Q: 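For reference, this is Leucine-rich repeat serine/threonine-protein kinase 2 solved together with divarasib (bound form).
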Amino acid sequence: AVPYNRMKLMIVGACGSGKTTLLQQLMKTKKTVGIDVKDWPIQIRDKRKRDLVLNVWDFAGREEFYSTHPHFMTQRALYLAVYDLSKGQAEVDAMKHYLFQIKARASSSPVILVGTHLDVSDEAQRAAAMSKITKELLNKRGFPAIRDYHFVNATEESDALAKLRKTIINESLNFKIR
Amino acid sequence: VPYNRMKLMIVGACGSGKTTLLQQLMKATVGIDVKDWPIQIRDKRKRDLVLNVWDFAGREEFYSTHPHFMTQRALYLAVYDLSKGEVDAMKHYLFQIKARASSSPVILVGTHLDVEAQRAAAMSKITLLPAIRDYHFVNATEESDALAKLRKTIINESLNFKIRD
Ligand SMILES: *CCC(=O)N1CCN(c2nc(OC[C@@H]3CCCN3C)nc3c(F)c(-c4nc(N)cc(C)c4C(F)(F)F)c(Cl)cc23)[C@@H](C)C1
Ligand SMILES: *CCC(=O)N1CCN(c2nc(OC[C@@H]3CCCN3C)nc3c(F)c(-c4nc(N)cc(C)c4C(F)(F)F)c(Cl)cc23)[C@@H](C)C1
Ligand SMILES: Nc1nc2c(ncn2[C@@H]2O[C@H](COP(=O)(O)OP(=O)(O)O)[C@@H](O)[C@H]2O)c(=O)[nH]1
Ligand SMILES: Nc1nc2c(ncn2[C@@H]2O[C@H](COP(=O)(O)OP(=O)(O)O)[C@@H](O)[C@H]2O)c(=O)[nH]1
Ligand SMILES: [Br-]
Ligand SMILES: [Br-]
Ligand SMILES: [Br-]
Ligand SMILES: [F-]
Ligand SMILES: [Mg+2]
Ligand SMILES: [Mg+2]
């Protein structure tokens, strides 16, 4: 059983979406874990046999963490689906791949959409993104339960960011209730 | 072109020679930053919340080649230091793996062969015999016949697990 005070947050999205930047800005308070995943083409170029490619997981960090986080590799988590608003509606459409992945591999997990790069976006992009979110993503079959969607500047502190923090707390607790 | 996929989990006590063995076995890497975020703590009125946060890196190609790299169904490499006599500690990992993935296969690997008649005693305890599909004793620091044999064992067990019968 997951410890009463713990659960997982998965930050997913295309490269350049501002995922690492958003996480840096969201976390003002911290507190070992290490995971190296490597691609290993262990059987290739064999004339008769199909190729075999392994994804290999190598773990680092302190033993205490792994004792305190018994289910830390579960797929059941809160997901932040992050995209660059300044890249236009095509980026929201690209996000659908991530959303499908979440719906298939973790059908019960909730999602919060986060559009970064709000400071370098124009209102037409904001309105188009919101329109597409509400007309194509919210409560549509084949997509996970999108509980909220935000538009932020991931590079600095602001009220929108504190709002996202509170949404994250609230949705995590909603998920803990199951 | 069709090709076969599988996940390999390398477990064992710290210092067992896991990273060295994997480096030697392998003759678009992915990096995962996992951090604890105490987003709600120390307020006596409010339930605490500490989030385990995963941030992903690497080339997108990996994710096309391993779409399900987060699955729990995997082959396990249980690595231990033979020179420590560590042999009893490994059992806990097996229990974890046996409980968390009763269907996953296991390959035990004793490193530190160069530094072992005592190592032979380990075999006694193994015969501890999750589905323990093979048992090996190698030196993870250099190429050798036992190492290539373990390579082939890994191939064969990966396919046995993925392919039904
Ligand atoms: C700059 C590199 C970087 O930030 N990342 C982020 C994570 N990531 C990624 N990429 C893809 O797709 C890349 C392209 C787009 C079309 C398909 N592919 C060729 N997919 C990802 C995922 F599907 C996941 C993922 N994987 C599993 N097994 C389950 C779940 C629920 C997910 C999901 F994201 F949805 F949460 C992940 Cl973790 C990451 C993916 C790369 C771009 C590298
Ligand atoms: C040098 C540091 C290093 O390489 N590592 C990797 C191993 N590791 C670690 N340590 C512990 O504590 C010891 C005991 C023995 C049984 C497991 N544990 C309670 N535990 C680890 C784990 F439990 C895991 C693990 N965690 C989860 N959630 C699931 C599963 C299936 C496992 C595992 F694969 F091991 F079975 C892991 Cl991945 C690593 C553990 C550190 C010392 C860091
Ligand atoms: N102006 C601006 N730049 C941002 C914002 N979010 C991220 N970036 C930048 O965009 C690039 C991608 O950020 P990064 O966190 O690496 O995205 P990731 O690949 O999804 O992890 C970096 O140069 C970031 O500094 C934002 O809200 N505004
Ligand atoms: N002599 C010898 N040294 C080994 C062997 N396997 C690993 N080592 C060394 O023992 C240490 C193990 O470190 P590492 O690979 O990080 O162990 P891990 O924490 O279990 O991954 C390193 O200094 C390795 O070079 C082995 O078979 N023989
Ligand atoms: Br905080
Ligand atoms: Br787990
Ligand atoms: Br998966
Ligand atoms: F698969
Ligand atoms: Mg990043
Ligand atoms: Mg290591």
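By convention in this document, chain letters (A, B, ...) are assigned in the order of the sequence lines, proteins followed by strands, and residues within each chain are numbered from 1. Header says: X-ray crystallography, 2.3 Å. Numbering of ligands and ligand atoms starts at 1, following listing order.
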Q: Please list the parts of the model that make up divarasib (bound form).
A: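 Counting every copy, ligands 1 and 2.
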Q: Okay, with a cut-off of 4.0 Å on heavy atoms, which other chains neighbour divarasib (bound form, ligand 2)?
A: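 By heavy atoms, the other chains are A, B.
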Q: Of A:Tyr66, B:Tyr93, A:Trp57, which has the heavy atom at the shortest distance from atom 17 (C) of divarasib (bound form, ligand 2)?
A: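 Going through A:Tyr66, B:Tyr93, A:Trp57 one by one, B:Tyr93 has the nearest heavy atom to atom 17 (C) of divarasib (bound form, ligand 2).
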Q: Going by heavy atoms, is A:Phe65 under 4.0 Å from divarasib (bound form, ligand 2)?
A: no
Q: Below a 4.0 angstrom heavy-atom separation, can you tell me which part of B:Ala13, side chain or backbone, both or neither, approaches divarasib (bound form, ligand 2)?
A: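 Near divarasib (bound form, ligand 2), B:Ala13 shows nothing, with every heavy atom at 4.0 Å or more.
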Q: Applying a strict 4.0 Å limit to heavy atoms, is A:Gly61 in contact with divarasib (bound form, ligand 2)?
A: yes
Q: Applying a heavy-atom cut-off of 4.0 Å, say which part of A:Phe59 lies close to divarasib (bound form, ligand 2): side chain, backbone, both or neither.
A: both
Q: Measure B:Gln96 to divarasib (bound form, ligand 2) on non-hydrogen atoms and call it side chain, backbone, both or neither using the 4.0 Å cut-off.
A: side chain
Q: Residue-level breakdown please: for B:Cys14 versus divarasib (bound form, ligand 2), do any non-hydrogen atoms fall below 4.0 Å on the side chain, on the backbone, on both, or on neither?
A: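 Both backbone and side chain.
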Q: List the residue and atom at the covalent anchor point of divarasib (bound form, ligand 2), or write none.
A: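 Covalent anchor: B:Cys14 SG.
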Q: Out of A:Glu63, A:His69, A:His71, whose heavy atom sits nearest atom 42 (C) of divarasib (bound form, ligand 2)?
A: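 Ranked by closest heavy atom to atom 42 (C) of divarasib (bound form, ligand 2), first place is A:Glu63.
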Q: Check contact between B:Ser16 and divarasib (bound form, ligand 2), using heavy atoms of the residue and a distance below 4.0 angstrom.
A: no
Q: Check for other ligands or ions less than 4.0 Å from divarasib (bound form, ligand 2) and list them.
A: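 Neighbours of divarasib (bound form, ligand 2): ligand 4 (guanosine-5'-diphosphate), ligand 6 (bromide ion).
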Q: So which bit of B:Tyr76 gets within less than 4.0 Å of divarasib (bound form, ligand 2), heavy atoms only: side chain, backbone, both or neither?
A: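 For B:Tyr76, only side-chain atoms sit under 4.0 Å from divarasib (bound form, ligand 2).
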Q: Which other-chain residues have at least one non-hydrogen atom less than 4.0 Å from divarasib (bound form, ligand 2)?
A: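 At that heavy-atom cut-off, the site is A:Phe59, A:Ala60, A:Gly61, A:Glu63, A:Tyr66, A:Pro70, A:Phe72, A:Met73, B:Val11, B:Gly12, B:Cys14, B:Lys18, B:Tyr76, B:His92, B:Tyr93, B:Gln96, B:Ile97.
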